[PDB]
*Asks:* 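Right, I'll just put the structure down here and ask away after.
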Amino acid sequence: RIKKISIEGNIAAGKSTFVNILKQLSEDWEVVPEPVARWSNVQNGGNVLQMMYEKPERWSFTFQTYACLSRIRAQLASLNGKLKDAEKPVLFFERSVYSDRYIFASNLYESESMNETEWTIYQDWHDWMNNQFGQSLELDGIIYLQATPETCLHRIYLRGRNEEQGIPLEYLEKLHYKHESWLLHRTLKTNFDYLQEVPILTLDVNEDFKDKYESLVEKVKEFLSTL
Amino acid sequence: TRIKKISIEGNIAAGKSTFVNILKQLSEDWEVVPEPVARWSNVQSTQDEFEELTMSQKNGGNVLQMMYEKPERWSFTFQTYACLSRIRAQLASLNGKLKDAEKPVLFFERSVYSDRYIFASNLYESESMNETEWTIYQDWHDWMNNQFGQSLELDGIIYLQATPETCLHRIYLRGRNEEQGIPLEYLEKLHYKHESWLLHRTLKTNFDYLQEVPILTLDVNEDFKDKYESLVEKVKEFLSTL
Ligand SMILES: Nc1ncnc2c1ncn2[C@@H]1O[C@H](COP(=O)(O)OP(=O)(O)O)[C@@H](O)[C@H]1O
Ligand SMILES: Nc1ncnc2c1ncn2[C@@H]1O[C@H](COP(=O)(O)OP(=O)(O)O)[C@@H](O)[C@H]1O
Ligand SMILES: Nc1ccn([C@@H]2CO[C@H](CO)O2)c(=O)n1
Ligand SMILES: Nc1ccn([C@@H]2CO[C@H](CO)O2)c(=O)n1
């Protein structure tokens, strides 16, 4: 009975920021953050996020499986014990198992960072992992935060995560086109048929946060009352 | 889950599939879940429903061969897929076999416990998997077991014991192409792990019930005819203890 909303967008578009803001409007609303802290210290452990950026042809498959697993684990745990003694419970996911596969992993495959065997294994693993464990995780709606790759590049410097500081603009441009093809043009098809009827709210977040944040929060409230 | 689950464990080419495929013929309540070795040497993911009508299921990579050729690069990848494909196969047969059995028994060729505590652990110990890879693998494997709880728990284990030299010869007899370069030293390491887990029972697992699961050790070093009778008898006796 919890409504599951995924918040999607490029790296450093502003998703944790916006969603941590939005959480405070209702006691009924909670967030599942993207487990980037677990990725940076594998458990002090290895930094598999950094391994993937420095040696993507070596570490990409390993990173992607750990990434998707940590996300499902965290999403299932928030569903199972949180809210539910609540009038209208909403859970916001920072991204989903669908961006894991169809944006990020897919882009590593198209870049030759994963070979054909690695990609076939990843998809088999993802198909099976989701058909079992991830049934309770189907999305009721998606919020797309769009910001240009230049904005996202600026916001990477501003935030200052060490593993990310060498990300080139052209890398962010590739991830942007994939989001646009998925969530704006809707030309990117998944092997999950329910996803084609999931409503999408696109929000422009290119501006500084004083500029639009009232309209944005309100649009989210409008959007959620519909579901 | 009135179905009794019995795993068959032992080294490569010990004779596990030969024994159990013959053994299961004694009852209609006995079935076997093979190890998905063919899926590992020919890697394939599911086709789209419209694409498969016009496109053949192509032969994919051989991650079994890749692991044997460069274990340091491919071990983690191989072991993750080795365990996934096994769990998928084991759970499906649990859900759909032996619905009209009186005393149903499902034999598993190996288990998720040997995937981790024998094979993957030996790869880590050989430094074919690094600390980050071993941590990820174990975390994954742990989380998956929690999720089923008692779904795949074993009522018993049958250990088929064969010397490294026997297995090495049997690898040659069988003729599986990717196994032909396996040195005796590798088989001997796997041999010591089974003995610790299954015979001396000193190997510690995160799964507490295993410390007390009934185990039957059978020597399969002899030619097949020479001992099959005594074996089948030990097995039937064992099964009635459970
Ligand atoms: N609208 C905005 N205007 C200026 N900075 C923003 C805005 N939204 C987010 N930021 C900043 O950009 C960085 C990335 O935001 P964050 O929420 O961490 O991105 P994400 O969660 O999408 O990776 C942080 O420094 C954050 O303070
Ligand atoms: N007891 C035995 N005596 C002679 N050959 C055997 C015996 N058990 C198995 N074999 C042969 O040894 C090879 C390996 O057996 P197999 O059951 O495929 O091993 P596993 O399933 O443990 O890898 C096959 O060629 C099989 O015919
Ligand atoms: N499956 C994923 C998910 C996210 N990423 C990148 C890598 O880290 C950032 C965190 O926002 O995003 C990724 O590379 N792969
Ligand atoms: N998890 C596993 C399971 C089995 N093996 C080896 C590799 O494949 C042969 C098949 O018996 O055995 C392995 O290397 N790792």
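Chain letters correspond, in order, to the sequence lines: A, then B, then on. Residues 20-62, 77-260, in that order, are what chain A shows, numbered as in the PDB entry. For chain B, we keep the numbers from the PDB entry: what you see runs 19-260, in order. Counting starts at 1 for both ligands and their atoms, following the listed order. This deposition comes from X-ray crystallography, 2.2 Å. When reading the values below, keep in mind they use all heavy atoms of this one structure, side chains included, and skip hydrogens, waters and symmetry mates.
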*Asks:* Could you tell me the main partner of ligand 3 here, using whatever name UniProt has for it?
*Replies:*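 Per UniProt, the chief partner is Deoxycytidine kinase.
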*Asks:* Specify the drug or drug candidate at ligand 3.
*Replies:*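 PDB records name it troxacitabine.
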*Asks:* Using a heavy-atom cut-off of 4.0 Å, which other chains touch troxacitabine (ligand 3)?
*Replies:*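 Heavy atoms that close belong to A.
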*Asks:* For troxacitabine (ligand 3), which residues in other chains have any heavy atom nearer than 4.0 Å?
*Replies:*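 At that heavy-atom cut-off, the residues are A:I30, A:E53, A:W58, A:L82, A:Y86, A:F96, A:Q97, A:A100, A:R104, A:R128, A:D133, A:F137.
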*Asks:* What is the closest UniProt-listed active-site residue in chain A relative to troxacitabine (ligand 3), with its shortest non-hydrogen distance rounded to 1 Å?
*Replies:*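 Nearest UniProt active-site residue to troxacitabine (ligand 3), heavy atoms: A:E127, 7 Å.
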*Asks:* Near A:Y86, which atoms of troxacitabine (ligand 3) are under 4.0 Å from a heavy atom of that residue?
*Replies:*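 Answer for troxacitabine (ligand 3): 7 (C), 8 (O).
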*Asks:* With heavy-atom distances below 4.0 Å as the criterion, list the atoms of troxacitabine (ligand 3) near A:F96.
*Replies:*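 Listed by number with element: 13 (C), 14 (O), 15 (N).
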*Asks:* Any nitrogen or oxygen of A:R128, main chain or side chain, under 3.5 Å from a nitrogen or oxygen of troxacitabine (ligand 3)?
*Replies:*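 In this structure, A:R128 places an N or O atom under 3.5 Å from an N or O of troxacitabine (ligand 3).
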*Asks:* What about A:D133: any of its N or O atoms under 3.5 Å from an N or O on troxacitabine (ligand 3)?
*Replies:*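 Yes.
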*Asks:* Number the atoms of troxacitabine (ligand 3) from 1 as they appear, then name those within less than 4.0 Å of a heavy atom of A:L82, with their elements.
*Replies:*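 Going through troxacitabine (ligand 3) atom by atom, the ones under 4.0 Å from A:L82 are 7 (C), 8 (O).
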*Asks:* Look only at interatomic distance and state if A:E53 has a nitrogen or oxygen under 3.5 Å from any nitrogen or oxygen of troxacitabine (ligand 3).
*Replies:*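 Yes; the residue has a nitrogen or oxygen that sits under 3.5 Å from a nitrogen or oxygen of the ligand.
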*Asks:* Is A:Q97 in polar range of troxacitabine (ligand 3), meaning some N or O pair under 3.5 Å apart?
*Replies:*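 Yes, at least one N or O pair falls under 3.5 Å.
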*Asks:* Among the UniProt-annotated substrate-binding residues of chain A, which come within 4.0 Å of troxacitabine (ligand 3) by any heavy atom?
*Replies:*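 Applying the heavy-atom cut-off to the UniProt set, I get A:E53, A:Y86, A:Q97, A:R128, A:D133.
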*Asks:* Which UniProt ATP binders of chain A are under 4.0 Å from troxacitabine (ligand 3) in heavy-atom terms?
*Replies:*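 The overlap, by heavy atom and UniProt annotation, is A:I30.
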*Asks:* Which residue and atom name correspond to the protein heavy atom nearest atom 6 (C) of troxacitabine (ligand 3), and how close is it?
*Replies:*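 For atom 6 (C) of troxacitabine (ligand 3), the nearest protein heavy atom comes out as A:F137 CE2, 3.8 Å.
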*Asks:* Which organism is cited as the source of chain A in this PDB entry?
*Replies:*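 Per the PDB entry, it is Homo sapiens.
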*Asks:* For troxacitabine (ligand 3), which of its N or O atoms have a protein N or O partner closer than 3.5 Å, and how long is each gap?
*Replies:*
unit_1: troxacitabine (ligand 3); atom_1: 1 (N); unit_2: A:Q97; atom_2: OE1; d: 2.8
unit_1: troxacitabine (ligand 3); atom_1: 1 (N); unit_2: A:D133; atom_2: OD1; d: 2.8
unit_1: troxacitabine (ligand 3); atom_1: 11 (O); unit_2: A:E53; atom_2: OE1; d: 2.7
unit_1: troxacitabine (ligand 3); atom_1: 11 (O); unit_2: A:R128; atom_2: NH1; d: 2.8
unit_1: troxacitabine (ligand 3); atom_1: 12 (O); unit_2: A:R128; atom_2: NH1; d: 3.4
unit_1: troxacitabine (ligand 3); atom_1: 15 (N); unit_2: A:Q97; atom_2: NE2; d: 2.9

